[PDB]
2 protein chains.
Amino acid sequence: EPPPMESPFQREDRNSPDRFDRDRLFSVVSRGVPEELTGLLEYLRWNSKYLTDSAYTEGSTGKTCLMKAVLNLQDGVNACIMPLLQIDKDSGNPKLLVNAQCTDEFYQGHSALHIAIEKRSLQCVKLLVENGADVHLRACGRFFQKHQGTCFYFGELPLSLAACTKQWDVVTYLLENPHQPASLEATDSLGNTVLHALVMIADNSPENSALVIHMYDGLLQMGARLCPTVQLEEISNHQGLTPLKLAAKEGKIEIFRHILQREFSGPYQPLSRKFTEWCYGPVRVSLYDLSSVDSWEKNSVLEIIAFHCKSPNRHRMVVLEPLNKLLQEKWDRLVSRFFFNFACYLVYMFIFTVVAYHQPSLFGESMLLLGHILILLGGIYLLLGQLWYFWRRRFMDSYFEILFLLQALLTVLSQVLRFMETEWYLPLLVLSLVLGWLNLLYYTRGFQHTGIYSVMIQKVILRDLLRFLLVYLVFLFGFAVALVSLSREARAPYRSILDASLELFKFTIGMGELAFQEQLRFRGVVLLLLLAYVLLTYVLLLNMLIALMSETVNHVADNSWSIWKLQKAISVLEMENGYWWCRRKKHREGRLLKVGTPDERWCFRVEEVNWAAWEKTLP
Amino acid sequence: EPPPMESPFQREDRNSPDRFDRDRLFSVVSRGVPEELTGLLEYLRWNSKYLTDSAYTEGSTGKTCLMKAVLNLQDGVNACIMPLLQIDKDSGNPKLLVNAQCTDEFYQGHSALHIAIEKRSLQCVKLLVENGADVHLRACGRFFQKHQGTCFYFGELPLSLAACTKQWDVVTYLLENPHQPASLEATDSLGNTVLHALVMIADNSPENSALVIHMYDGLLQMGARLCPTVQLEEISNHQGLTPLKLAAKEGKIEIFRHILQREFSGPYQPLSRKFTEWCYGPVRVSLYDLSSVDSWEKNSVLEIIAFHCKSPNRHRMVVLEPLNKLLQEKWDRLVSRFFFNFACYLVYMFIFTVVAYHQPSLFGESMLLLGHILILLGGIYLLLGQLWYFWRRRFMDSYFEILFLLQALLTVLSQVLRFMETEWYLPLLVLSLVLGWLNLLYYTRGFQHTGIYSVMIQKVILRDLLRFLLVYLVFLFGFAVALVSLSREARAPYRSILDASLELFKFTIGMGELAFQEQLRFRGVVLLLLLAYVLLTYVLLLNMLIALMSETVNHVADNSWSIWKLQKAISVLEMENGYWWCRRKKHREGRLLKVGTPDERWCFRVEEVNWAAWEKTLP
Ligand SMILES: C=C(C)[C@@H]1CCC(C)=C[C@H]1c1c(O)cc(CCCCC)cc1O
Ligand SMILES: C=C(C)[C@@H]1CCC(C)=C[C@H]1c1c(O)cc(CCCCC)cc1O
Ligand SMILES: NCCOB(c1ccccc1)c1ccccc1
Ligand SMILES: NCCOB(c1ccccc1)c1ccccc1
């Protein structure tokens, strides 16, 4: 268990002229008086130690006397910090105590400047900075990393901590002091910068969103005038993302939306992304920026939303522009490939159904052999394509992206059984055929009127059905074992465990026997136990029905269009790569315009019409 | 792709003493200074060109320099417009540049006056009008026409555009200027007048409704004093409608309600429609106006609501008065025809059932032959009536209006089979019989206690059932093909595709086999595939049930009375024409009263009692 960093009740632990112990030092510093600090210098120069040694620190963490001074800050000002740092300078230690930090696993690197910044005191921050404290000390402990349980994640920097805490004066003093200037370009471990730490502390609540949007714009505006020669929104962390991509991956929708369509009028225009070129009543035409939003480059916002994301908000980022217009422009160009692919799959499935039906038992024979050869070639091509897709991609939207493989694999496996002349090529093949018709359902995603209907009608969750089936199946097996064990002595029904399981399952499709057998010694108890099974199956079925109804009473129904748009987006980004043998050359979208200053950016126009805002701007 | 009409970033395109190119002209006009316009006149008189030629315009659209001047309007005033028009006048061109307009397809006819009116600047409008610009220039491009996608529909006139934008000062200046007076009577393409364009931009939202009601009343009041000799609410567009009928057709309920019962006290009384004659406590008697609201004339509000309308708000216009009282007065007079028609149909159906039941296999014989003759005559009369109804009418309310035809057609077709002595007159006839009993259900619309019950009990949508049946039927056919293909090799059930389809459908009515067949080589896989079919049919049925319940949970239930009133209104307006052989003379309803001034109007009194408003007017 990690010790607390300061505690008024639990004392510190030493576990790793006059005598002046560390306990008296902590006692006089915690109260906060400088008169009783006399005699420290003479004692240190007699014992030939330094104030940052192992004697004067909590050995379990590494907390020095200065951090106890700052942690006992009363009314924002401590009168002991200045003489303590002065006598530390007079001691002549090589390692300065102002920038000392802990060495424990929990609070590694946690300096005094972080404590002074968190205590919302500009005076202690000024006293620490003016006495030679570096402003790039990283807090690398487990307590300052994003994980479940007890943690407070910030960007492991004094400036990041000042940014996450909404205090503006401390951010300004760190950014433009003469004694020790910080930098917005400085990075911690995991590669994050201060524009990343704001994104990773965002939330979908409106207050936290307003906080992080305001402070993100503020830091970007100060980065415009402090270090204009560097693009602050293009520095990459160790995963390879940028702040826009990191907003896309984590599921933070609000700061992602604000970053995607921010606009500042005036001198701060060159760092905008949404430029409006004309507007006529309700219609407004805006030139959005496709820098790392299109799929022509490497991992971008579209692919990160499509594949590398696990969040319930991955279906609402697609709807907001300029992702909606971009994916609509991609779909209106690549719908022909989808329809031709669907027609080829339908022709392959028709020839499969013909071969499976008109088949001899164990010109027409030559036609059927050509059909078998064509089925084998189609199955091996589909198998190669699906194995390519999995190997490149190294969850319900991927559901139909695995069954294809089964409809491939079984098929080719069935055909090698046909080449082995066994008596099992007929089940697996026709089993494949059943799966194949189910596998056609994915191709409803390409048409509007049936795609919206499919997304609207999928009103049950798969995990609920697969849990209920498992519970009912264990129930059936247990009662089947009991019924076989009960009916062994004659005065025959329920002879084996499988037959008794079938005759028990027959009560769910609606045809059960339920009578005196007149062949069993214990036929009354058999009837009683069957009555118990019926009365329990009805409770289980009613519970499942009630649970599904309670699930479907209270949810919003507007997500149908968003989910359909996401499914179409995944299919578009899949087809944009091309086939595994005819790799499609990626076509850059947008036009290279000149906005501001020679600032040449890729731009993409969208024409949005909205009568409500136009009615609002009217008198 | 159409080019933008102005764009600060994308430059214009030429695609269709000192030199003074069009690029320098656009550069100096866009900034907005007049000092650098010097030397233009000498250059134009040396090169013998004009300022509106092809050289000085964006050839892709036809945009002139003046429209670039107005589109770069800063703080409402440009100092360049006045010298530009002055030097255009000094150039001596035959075609004036002030009223020049585009010639592209997308922005056809879009003048500078439209831009100045949209920019909400009275000063630029005054400068354009005073320098000789006609006020009847029509914007005929696709961008200014009502269609899906990107469009801004107004009445293609400067006055209509000033009317749709809620600005009052520009409307007044266009209406009463001495330099170039506009007119409320002027019409664009599609025949619309200014009062029509207000209706076609209306909406059911309260803010837009309040805007359009206020501005409609305002323009009507100004039309009272500018051009009193013309009725502004009687001009017909090219479809033949008036503003009231256009409000009825499009589904705009709020402006339709306001137009139907507007009243102004004082000097503006003669243009009202609802006159109150007396009011005593709560009861109030009002003389509404039946000008184009009754069905005695040509296409009126009642017929346009009844037939020529496709909107979800066609069942709420009937409930609001004076349509409610009018249709109640029609129904209380024409209920006898409905009941006599129902009794005649019931007698015809009883004789049909008797003939279908007491029929010999392949005095009583003469009676049955007379019954057959009467069935043939009734069927041919009903067929002639229904063919008349379709040919004159050249959707669920029309559903029962087609099945009659089938109950006609099959019947007469069955009888000609009886005259052909074939072995198929017995199925079709009795099939007709079944349909006819279903065809009786439409006649529940005439009685209150069962009509409200029928409208209340119709709680399912037909398209959902017809989609679910299609999905389940494809499912059944696919599994039937698989089951026939699997069971071919003996060690018999499931022999043909139709029999296997029937034995698979038997799991839905609640009687399935589900056992080891002991006759098939692959009987275990047959059992497994039947289990798969059962487990999938239950998922599909549960999904359909959940979807219907979710559609049922969250909806308003007050629409039963409105839908029943609409159905009764459709039946009344159908019977008012009369039979196809005894065309009923149309009877004018209301009385010819004299209200205001000799203003003789058809009027219809309604007695409305409402305790709530009377409680509000009390202290
Ligand atoms: C309302 C339910 C869920 C069913 C509806 C069908 C009928 C006949 C019985 C009801 C029922 C009970 O009312 C109570 C139990 C629990 C007692 C089990 C004793 C072994 C089971 C049980 O199926
Ligand atoms: C709760 C439902 C919808 C039914 C209720 C009746 C019973 C016995 C089974 C349930 C059920 C599953 O719980 C899961 C599936 C999907 C797995 C199919 C495997 C081929 C189907 C499936 O009918
Ligand atoms: N009064 C004789 C039956 O009328 B029905 C009826 C009677 C009173 C109130 C409402 C309806 C009726 C019964 C079943 C279906 C439809 C109508
Ligand atoms: N148009 C032919 C059938 O299309 B379907 C359809 C038609 C119109 C609107 C919506 C869907 C369809 C029917 C059942 C299931 C899925 C789709």
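Within every chain, numbering begins at 1; the chains are lettered A, B, ... in the order of the sequence lines, protein sequences first and strands thereafter. First listed ligand is number 1; within each ligand, the first listed atom is number 1. Portion of entry displayed, and contacts counted within that portion, nowhere else. Basis for what follows: all heavy atoms, side chains included, without hydrogens, waters or symmetry-related copies.
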Q) What drug shows up at ligand 2? A) cannabidiol
Q) Under a 4.0 Å cut-off, which other chains come into heavy-atom contact with cannabidiol (ligand 2)? A) A, B
Q) If you number the transmembrane segments of chain A the way UniProt does, from the N terminus, which of them put a heavy atom closer than 4.0 Å to cannabidiol (ligand 2)? A) 5, 6
Q.
What's the entry got as the organism for chain A?
A. Rattus norvegicus
